[PDB]
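The following structure: tranexamic acid with plasminogen.
Numbering of residues begins at 1 and proceeds along the displayed sequence. As the structure lists them, so they are numbered: ligands from 1, and atoms in each ligand from 1. Below, each value reflects all heavy atoms present in this structure, side chains not excepted, and no hydrogens, waters or symmetry copies.
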Amino acid sequence: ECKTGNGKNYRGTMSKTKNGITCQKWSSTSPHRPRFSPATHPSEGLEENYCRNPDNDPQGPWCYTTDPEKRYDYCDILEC
Ligand SMILES: NC[C@H]1CC[C@H](C(=O)O)CC1
């Protein structure tokens, strides 16, 4: 999928950050207990471990990481 703007409305399936590290799911609490999740941001498309922009950060989609000593990181979504 592609992103346009900040990718507020991005609903692709990228699952690794721009460093290629594997996301964590939005519905897991390991390795990280998330502040953003499907519970809380029901309208945010927080599916699977996919990159999303819940907070509309000018830096584009990110996800929680399966690196325990690294809480999140941004994903590299090509523009739209
Ligand atoms: N600026 C995106 C960023 C927002 C807070 C966050 C957290 O919930 O801990 C990590 C990612």
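The shell of residues around tranexamic acid (ligand 1) (heavy atoms under 4.0 Å) is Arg35, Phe36, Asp55, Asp57, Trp62, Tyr64, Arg71, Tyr72. Residue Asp57 has at least one nitrogen or oxygen atom sitting less than 3.5 Å from a nitrogen or oxygen atom of tranexamic acid (ligand 1), judged on distance alone. Summary of contacts: the protein heavy atom closest to atom 5 (C) of tranexamic acid (ligand 1) is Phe36 CE1, 4.2 Å. Atoms of tranexamic acid (ligand 1) lying under 4.0 Å from any heavy atom of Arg71, numbered from 1 in the order shown and given with element: 7 (C), 8 (O), 9 (O). Atom 10 (C) of tranexamic acid (ligand 1) has its closest protein heavy atom at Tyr72 CD2, 3.5 Å. The protein non-hydrogen atom at the shortest distance from atom 8 (O) of tranexamic acid (ligand 1) is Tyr64 OH, 2.5 Å.
Most residues of chain A touching tranexamic acid (ligand 1) map to the UniProt domain Kringle 1.
When only non-hydrogen protein atoms are considered, atom 3 (C) of tranexamic acid (ligand 1) lies nearest to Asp55 OD2, 3.6 Å.
Considering backbone and side-chain atoms alike, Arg35 places an N or O below 3.5 Å from some N or O of tranexamic acid (ligand 1). The entry gives the source of chain A as Homo sapiens.
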